[PDB]
Amino acid sequence: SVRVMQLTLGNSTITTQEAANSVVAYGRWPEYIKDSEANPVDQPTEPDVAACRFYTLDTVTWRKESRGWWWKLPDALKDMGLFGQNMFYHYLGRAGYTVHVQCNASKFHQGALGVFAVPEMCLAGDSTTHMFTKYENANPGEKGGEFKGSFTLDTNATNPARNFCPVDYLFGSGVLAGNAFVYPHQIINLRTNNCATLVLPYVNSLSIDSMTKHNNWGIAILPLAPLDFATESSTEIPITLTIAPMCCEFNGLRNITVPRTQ
Amino acid sequence: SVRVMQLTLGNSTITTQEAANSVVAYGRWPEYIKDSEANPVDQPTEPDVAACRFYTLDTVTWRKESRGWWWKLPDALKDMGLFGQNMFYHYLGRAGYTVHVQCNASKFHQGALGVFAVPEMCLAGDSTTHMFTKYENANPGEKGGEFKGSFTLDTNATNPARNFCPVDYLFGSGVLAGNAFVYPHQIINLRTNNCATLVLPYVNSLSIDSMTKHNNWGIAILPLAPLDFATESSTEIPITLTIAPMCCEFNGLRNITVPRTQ
Amino acid sequence: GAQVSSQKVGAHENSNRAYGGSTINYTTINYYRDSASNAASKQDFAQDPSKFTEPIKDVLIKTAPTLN
Amino acid sequence: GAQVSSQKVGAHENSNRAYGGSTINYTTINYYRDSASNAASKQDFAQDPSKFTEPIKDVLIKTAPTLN
Amino acid sequence: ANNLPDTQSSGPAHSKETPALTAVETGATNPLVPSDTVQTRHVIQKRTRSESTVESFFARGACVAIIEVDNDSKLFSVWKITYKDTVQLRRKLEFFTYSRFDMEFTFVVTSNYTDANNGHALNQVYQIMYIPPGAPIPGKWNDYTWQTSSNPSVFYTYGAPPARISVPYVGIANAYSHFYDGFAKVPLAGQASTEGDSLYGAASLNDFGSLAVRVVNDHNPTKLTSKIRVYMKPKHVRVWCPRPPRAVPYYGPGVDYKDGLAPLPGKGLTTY
Amino acid sequence: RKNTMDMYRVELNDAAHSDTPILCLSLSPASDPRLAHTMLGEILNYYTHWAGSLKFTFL
Amino acid sequence: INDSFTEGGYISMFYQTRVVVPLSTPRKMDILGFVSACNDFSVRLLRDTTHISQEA
Ligand SMILES: COc1ccc(OCc2ccc(COc3c(Cl)cccc3Cl)cc2)c(Cl)c1
């Protein structure tokens, strides 16, 4: 039925008994580069089962006060097994994804989470200096980031944070959040479903790019209807994020990249 | 001609203008596991170009006093790019190799090196305790080891070295070195060739095995005729070893193995 | 289920039986189900030593120059 | 009254006899009238475990929901 | 196991073909025959290599163990199955890296009175029980383990022709390894040195199990000793990867050496 | 719990998410104490070698 | 038998999210585990078990 599914990729399987169908972004399933759209001339590496499998990133907790969370792809998976290895050993890389967000509660809980997949999800910074966010802050990895309820300008001139300041109702980029529904999405309304499943093809203005310099997709999760339970002002339910890269192919092998951190 | 060749694997090419043909061990070219000889049921990973390419291990120097050198496969390549990554991430692994030994001199130099590829190259230890050599000593990695001119028993009971003591004329295993010619080999006689090239298929009593627990091939280089030059008692010529794994396929993916060292 | 093979007669008796007939044949019948119980037939084949004697990639003629 | 069956050859000798002929067959003859005196043929069949593994009245598919 | 080629007559030569010259650097052996370097006559070859086939080379029962039992815990003995307790068969097997065959075991049993003028006993019956790795090992010459409801046992009556049984290819790999360049464990980073340590060149701690031998008769105060000599013959043989034979004395189950390291005698370079 | 009906029960709770294991086992079907006495383990103890796939069902 | 050469690996279980129950519901519950062989499973070399003994 629309509600029961099983996803198998490599050596990993995911089962769900409360789905609300699955979304295939823009109606496009991920695919490899065709010869007619090929650019780099060298033989690509395609790890296949070693990289195209389900990786579970860290679990976040939803509370009445949560504003939202965000992650960047392939960034969030840079340290994930052999996918991360191939990402750092190659100059160029390409991949699609199957994003599976998990969140179960009970029949006496309420709340709705909007799960959006955004191509080129550029976020707003914290200073008066334009495009000032530094690489280390823009790429948090598997832990991702969070949305805020208001904009707060960083004034420390001696030691600028050079970080993002994504305000939730402004979708972290100066647009109204209610219009974010034009992007592939699903809603995890506690009275209806457990999860959200989105299949994302590779989207870019090029056939292949640098995975370290460029993040193709952004995953934004916003509480559309806040978490509430029985009478417990105190309520916490975890949100686990499991993502699997698809049709990975890398070009331009050399020595490994070791990016600067923190 | 028998003397000029070019080997291309992945993004690496080797050229030689003074070869003496190439040896294909036991007349078998490396191949992948056939369905009729398959054992582990999971889908294998085949890195292909990312792992099957030429890796240059450290250069050793040949002097009038050198006794010989040895390496173990896949051990010597455990830290080599994506080949090493796949080796450590998988429980099982299989690979063949193209071993290219390099050694050029001049028309006024003499010397002959015997290059042997030995399946299950077990070496002799240094103590009265049988099979006492410890894992860390048996697996030196890319730096490999050396042969000795005589057997010297380790007597330190408090701190036994638990190392090998490979005597050269005993082929490091209690057999006469002159009979080592029953193993696939080539000879680098300075007046004739620059190198030795050996193509090694996967040899084992199983179709696939643990690459960390077991070394399939051993490479032994012994000075059959010592290095000599003009009148320079002082002469040193480097010996570079370049090896390329072939038809790599791994099974049993999990978390990465981090072996104990030194 | 009898297997009848012929022997390779070494020393010959002054008989025609030493040169022909069932007199230079031997009979065999397996009594056990497991092949392990069987004796060795000893009608064993040979092969080409080339895999050891000439494991060379580019085949060479003895009359022709090895180093070319 | 001889019964000739074939063996399942495990280790093969470097002979063609190890791959064919009466050399991979074994012969049997019963000497006693009572079947109790007979040896075990060991050419034994198998069966479906379903009577134990799935003694269910309404047959179900693994892909399909068990509880329907 | 066949014929050798005939020698063809060969006359004189004056050509640009020089089979006598070669280059052993290639790793190949020069396939010359007499007619390549001398004038030969035609000889019809009748010699064959029938006795040097891999099968005929091993087709002999070799002693691999001498198990002893004293019928006055010695009332029973246990022998860990191996081919390395003796040297002769071991050296022949080690001409190759891997092997695959069936085995035939013949047991020669001898016994005698320790005392020239004392004691007496009725004819002895022996039980040779095979204990596959995992099965319970006997603690007493008469405990429950000797019931052999599943383990294969051989009951031998003293004086009868030597007992004999056949064993199939029982390896857990596709061939037996005469050499194993590895360990059964990989020491992991962080664990105590006591951890992850194993013998070099060893596979399973108990490869093939062992044999438990005992005299079934009730022991009499008489002093008696028996010895079971185990003979094994590989039949239906296949071998892979030749290796040079052992030149120095064996020093354990491994390739370790220690003592007879100078096997060759002296001989003048120009002395016939 | 061993040697009582409680040896078969593994308890879970509604506590906040933790990354620590609920249970751990080694794939030694004939020797691991938790597997050695199941019908599968009992049969494996009458044989020296085993090969094949296994499946664990949780209720 | 327990032997490193033929070791099989590890089985473990973790919470993906967490067990959630509403009010008036038990906060602790049990799970039971079952094990069986697949259709490609086989055993060989009949031997005696250590699971049964007999004293005297
Ligand atoms: C590479 O060379 C090899 C490989 C394996 C070997 O031993 C394997 C082996 C396994 C089981 C048995 C058990 O055999 C027996 C039985 Cl069922 C019943 C009674 C007596 C015996 Cl004796 C005997 C040998 C030997 Cl000796 C040499």
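Letters go in sequence order (proteins before strands), and every chain restarts at 1. The analysis underlying the following values was restricted to heavy atoms, covering all of them including side chains, and did not include hydrogens, waters or symmetry mates. Contacts here are counted within a displayed part of the entry, not across the full deposit. Counting starts at 1 for both ligands and their atoms, in listed order. We read in the header that X-ray crystallography, 2.9 Å was used to get this structure.
- The drug or drug candidate found at ligand 1 is SCH 48973.
- What binds SCH 48973 (ligand 1) most in this entry is, by the naming of the PDB entry, poliovirus type 2 coat proteins VP1 to VP4.
- In this entry, the other chains with a heavy atom less than 4.0 Å from SCH 48973 (ligand 1) are E.
- The PDB entry names the source organism for chain E as Human poliovirus 2.
- Lab note: binding site of SCH 48973 (ligand 1), heavy atoms under 4.0 Å, is E/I81, E/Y83, E/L93, E/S99, E/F101, E/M103, E/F105, E/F107, E/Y130, E/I165, E/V167, E/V170, E/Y176, E/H178, E/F208, E/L211.
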